[PDB]
Amino acid sequence: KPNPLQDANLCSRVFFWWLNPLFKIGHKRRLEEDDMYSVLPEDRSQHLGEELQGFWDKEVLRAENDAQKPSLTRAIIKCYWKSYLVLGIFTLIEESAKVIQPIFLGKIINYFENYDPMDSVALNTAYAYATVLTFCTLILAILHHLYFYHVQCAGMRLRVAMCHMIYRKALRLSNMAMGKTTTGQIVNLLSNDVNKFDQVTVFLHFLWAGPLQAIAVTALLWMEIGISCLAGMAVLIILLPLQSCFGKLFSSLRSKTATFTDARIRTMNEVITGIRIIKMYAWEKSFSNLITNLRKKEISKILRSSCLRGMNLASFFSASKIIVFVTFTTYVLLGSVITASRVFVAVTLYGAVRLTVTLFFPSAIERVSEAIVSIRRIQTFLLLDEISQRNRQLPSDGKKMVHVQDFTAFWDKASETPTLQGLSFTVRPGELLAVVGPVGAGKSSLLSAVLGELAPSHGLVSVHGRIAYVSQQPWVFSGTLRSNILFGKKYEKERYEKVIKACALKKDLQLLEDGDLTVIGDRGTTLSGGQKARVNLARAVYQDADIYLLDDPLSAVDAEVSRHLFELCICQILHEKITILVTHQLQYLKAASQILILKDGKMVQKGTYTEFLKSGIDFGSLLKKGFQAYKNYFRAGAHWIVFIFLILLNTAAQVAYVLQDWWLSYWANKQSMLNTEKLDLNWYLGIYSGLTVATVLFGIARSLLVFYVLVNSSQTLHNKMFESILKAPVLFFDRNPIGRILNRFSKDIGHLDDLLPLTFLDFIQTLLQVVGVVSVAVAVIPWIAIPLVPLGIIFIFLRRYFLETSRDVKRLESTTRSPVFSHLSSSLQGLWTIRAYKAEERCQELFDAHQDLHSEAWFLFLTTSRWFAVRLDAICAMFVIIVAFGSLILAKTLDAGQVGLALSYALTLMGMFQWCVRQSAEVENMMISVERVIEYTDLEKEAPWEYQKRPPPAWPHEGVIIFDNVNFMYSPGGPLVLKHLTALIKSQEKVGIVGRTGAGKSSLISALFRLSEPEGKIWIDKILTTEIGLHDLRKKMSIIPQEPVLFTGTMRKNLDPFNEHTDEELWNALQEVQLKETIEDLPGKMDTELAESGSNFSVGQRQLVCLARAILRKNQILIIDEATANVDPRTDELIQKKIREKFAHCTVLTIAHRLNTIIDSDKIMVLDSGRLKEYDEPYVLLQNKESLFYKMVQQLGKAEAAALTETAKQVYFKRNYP
Ligand SMILES: CC[C@]1(O)C[C@@H]2CN(CCc3c([nH]c4ccccc34)[C@@](C(=O)OC)(c3cc4c(cc3OC)N(C=O)[C@H]3[C@@](O)(C(=O)OC)[C@H](OC(C)=O)[C@]5(CC)C=CCN6CC[C@]43[C@@H]65)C2)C1
Ligand SMILES: Nc1ncnc2c1ncn2[C@@H]1O[C@H](COP(=O)(O)OP(=O)(O)NP(=O)(O)O)[C@@H](O)[C@H]1O
Ligand SMILES: Nc1ncnc2c1ncn2[C@@H]1O[C@H](COP(=O)(O)OP(=O)(O)NP(=O)(O)O)[C@@H](O)[C@H]1O
Ligand SMILES: [Mg+2]
Ligand SMILES: [Mg+2]
């Protein structure tokens, strides 16, 4: 992938002419990673990393010699100052040109004031000054883009070198340092703490070019207009503390809103997760009240912050007008006169110095502070204690063996008991040494000590030869299964096939789409734990090391796979290699040549399996311990009359802004056309003050109205979205995951609430300023409207051409960034396995390649932006040149005031044009959140909660249920679940529910509750379920679900959200459920907040709370669904007994996976794939062996079957025959 930048000349590099093929390809089709240009040799990660590493080591050595702390900042400066001085020269030149050009503007105006049509020398001089002005504009418009690209390239180089150094350090962190730190911190100081270097270098050179430009501008202003410039300078200086105060208050007002936003998001997550339980209980009104209160509380603070930001923007808009008004008011009041060669030079100088003082200097200060903080963080990281490099090995005879003598060490030096107590043993090739012990013995500690991870406090360890080590937890890195097995070594087909066959990985390969080439992500999302363990063992065997160390290889695999592995990949293959193995299964101890028993870090016994059998101590014994989007977004805010008023306000503000400068020009012309007689100062100064006041007030009003309208639109959209969500049927929640649902409530609404209104206001402001500049230029010289049409057409086509490729470049850069973090995380998690072999330089090379693949896209991201900016600035410079030369060509018509006004506005169009284009692009990007919110606004809605026809309040009187021809489908067009169910449930009868694991037992409650609209007729106390609203039907039947859920709140809230009961009644219910004494010992009597689903409460406690809820509701129809699954027998018996005794006179339908709980039921439904087979007493079903009830009873066993039959017979005899 050759880089055309390596070929281009200086002329092509100035205009970025070498990116045209890339833009052509991007316009034609989509851009993939194969279309990117490889980085230049000087920008490769390894080169920069090694250069900065050498400089940093030299600085460290010097600092240690001098005996002070080292300075990463000093190292970086010593490395990059020579390359960062030339950019300083160029920014000096650029700032000098910026300061210079108003002088030539004033010279042109001065020529216009002393016009003489017959003179030609003055015309020639004016043309020369115009040429110099065009040269200055070209300098500011053309070369600045190459300068900016190099400025950003410096920061990119710094960041790449920093990342390389950080990874190189992290690859050799000691055990204690790794215990201090975490993987998250190391990933964070690459994802967030290294990106400050991209931004520090942009504004770094302004720390000396800001005050210098301010001083030069002040000197020029004093030379031009006199002492009156001090008032404008004072106002400009005062402008900074106002910004500081605004930013200080805005941060507090913003941080005061997260405490409501996070609570709202947490409640939303709870609602979305437990939507089925809420719908069954009909608590949507309570949750709606809670969410509404939280939203209002957050919206108040959002409104306050928006008002503050609008005031800040209005202050920026009116600052220049205020400065100029004050300056020229004191200038005129001191006794001078108004002239166009001075007014419109002071205006331009004030504008330039105001931009520089207000924005660039504070931005530079902030970026430098952040970069210093990040540098200090990385500097602290780079001095963590590192593992001492494996020193010169003791001279041996080349034999491969492992020996340990008198070893004693501890991970922590403050521990009372050492990790290992005087270990002393040796192992030779061909010996299968096994270590057997309980959890915590220290077998993995012994293996780590052999590897060298445990620093020997006392004793000696002699290990020679290559090492094969198997971690307790299998590890898979960012690659493929073939890559995992190869571990970077050269691929051999025969050896790979031999290892695959020996490891029985053929089934795992066949289970994958690509087989052995399938990509496995972080933590093996595409694989399983057994596959990871098999891959780890295969890699260890394939690497073909002299010494093999194993640690818990077969704990998490099946019996056949474990036996086949332990035999054919260890006993035969590794019979020529040194082997030390850690076991937990006793069946593999027979094949072990050596066995050691370890407990409490102390040696117990070592010998063969026969010797241990003769010892008499049992191992087992020892092992037991579009446009419509904009239209709807604007309509949701306010009426269209408000839109008309907003348009009028914007127009009035811009008109006053222009008219103040026009009035200055008119004053200058009227003073010039005079004669002593004097101008009436009262009139002119009064009109000036009125125009300034009107500009300020109109700007403030426009900003406030825009902000309020857009925030109201966001609030209305959120209300509509939540209202729609609360009524969507369960099918919608089944289709969409919880994360997707919560994303539109967390991120999209977050954008709409704070970012979009302010972005819109800024874009409108800048666009109106550009329109005003163009309108002034057209009004002064009408002929300028001719080339404006070609310029607009060219701009539109160029914008389309650029945007067809910029988005692809941005997505490529976004998708090429995560592999770096994934590789870092994988290498950090498998650091011991990486360091076991000598392959860490290969991991460094892989990381370098991953970093290069991202710098590949960053380069394009910078260059395409510069490519667009060059042409935009060319268009703007053409406009400026046209104005400046047409004014001189038509000198017989215009006058000084008009010429100066038009020329100054043409000069100020710069930067504003580019910012307007960028903000338009950003707004178009941001509208997708509004699109998604509006999409969720109009979801499908289920039946209304209430109907016109209301049943009597006493219904259900008895509780008789009729099922007639019930066909149930979860989704329309999906498979049928229930097939023509026909049954009658008499009042106050206990019915048990039986069938297979997919018989549809839990599908009956959905039909009864009408969660999904069923087909057929269901009659309850002679009312059909399809002619009454859902909230009037679900409220009269109680449900006890499989997994109880408790919502975060008070116990009174959890037991009675609608305050329909009394505290005494709730206490009586709690006493009935025997949880009252547990309730009344917390810090609060009944208002104790809980965690998610009551994480501090037991499962039995949650079931008991659900039973208490059912008791409190005290409805006639009770349904229980899979009550006891993994609860203790005591709580199971408690729940069964309480349910049996408390609801004697209430109809109960119970679905139980076990027949023990539902043996005493009066009747039993038999379900076969949604077909109702048998409905009668359980004794009758057990009488006939052909019944499915008898078959399932016999499936359980014999003794339990006999007990169940006896219990059913006893129940039948007691009930039917009293
Ligand atoms: C304090 C007074 C004043 O604001 C300073 C100062 C001047 N302003 C007047 C308008 C203005 C600004 N530049 C201009 C350049 C030419 C002509 C006019 C202007 C700007 C500003 O503030 O315009 C409101 C500004 C704004 C944003 C900006 C960068 C920027 O100047 C460099 N961004 C770059 O990406 C955006 C931002 O979102 C971002 O960086 O996002 C990752 C940014 O947020 C952060 C955290 O930086 C911000 C502004 C804080 C926040 C919300 C909305 N977005 C829209 C554009 C952007 C802005 C700077 C007045
Ligand atoms: N890397 C480590 N850092 C800190 N403590 C450790 C480390 N490795 C082991 N230990 C401690 O050393 C003691 C014994 O470890 P060890 O028994 O090898 O762990 P184990 O493998 O989970 N149990 P076992 O399988 O019987 O060896 C325990 O107190 C561990 O917490
Ligand atoms: N939301 C759903 N959408 C579509 N089919 C479903 C859904 N939930 C369950 N099913 C299937 O519909 C059939 C009805 O079985 P089901 O409702 O689970 O009763 P059950 O299995 O006997 N009781 P349980 O095992 O506790 O769920 C089964 O084949 C389920 O897999
Ligand atoms: Mg261990
Ligand atoms: Mg079910």
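Numbers here simply count residues along the sequence, with the first being 1. Counting starts at 1 for both ligands and their atoms, following the listed order. These values consider heavy atoms only, across backbone and side chains, with no hydrogens, waters or symmetry-generated copies.
- Given rifamycin SV, vincristine, milvexian, darapladib, asunaprevir, the drug or candidate at ligand 1 is vincristine.
- Tallying contacts with vincristine, the largest count belongs to the chain named in the PDB entry as ATP-binding cassette sub-family C member 4.
- Chain A, UniProt TM segments numbered from the N terminus, heavy atom closer than 4.0 Å to vincristine: 6, 10, 13.
- There are no UniProt ATP-binding residues of chain A with a non-hydrogen atom under 4.0 Å from vincristine.
- Residues with a heavy atom within 4.0 Å of vincristine: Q243, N312, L313, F316, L359, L755, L758, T759, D762, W915, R918, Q919.
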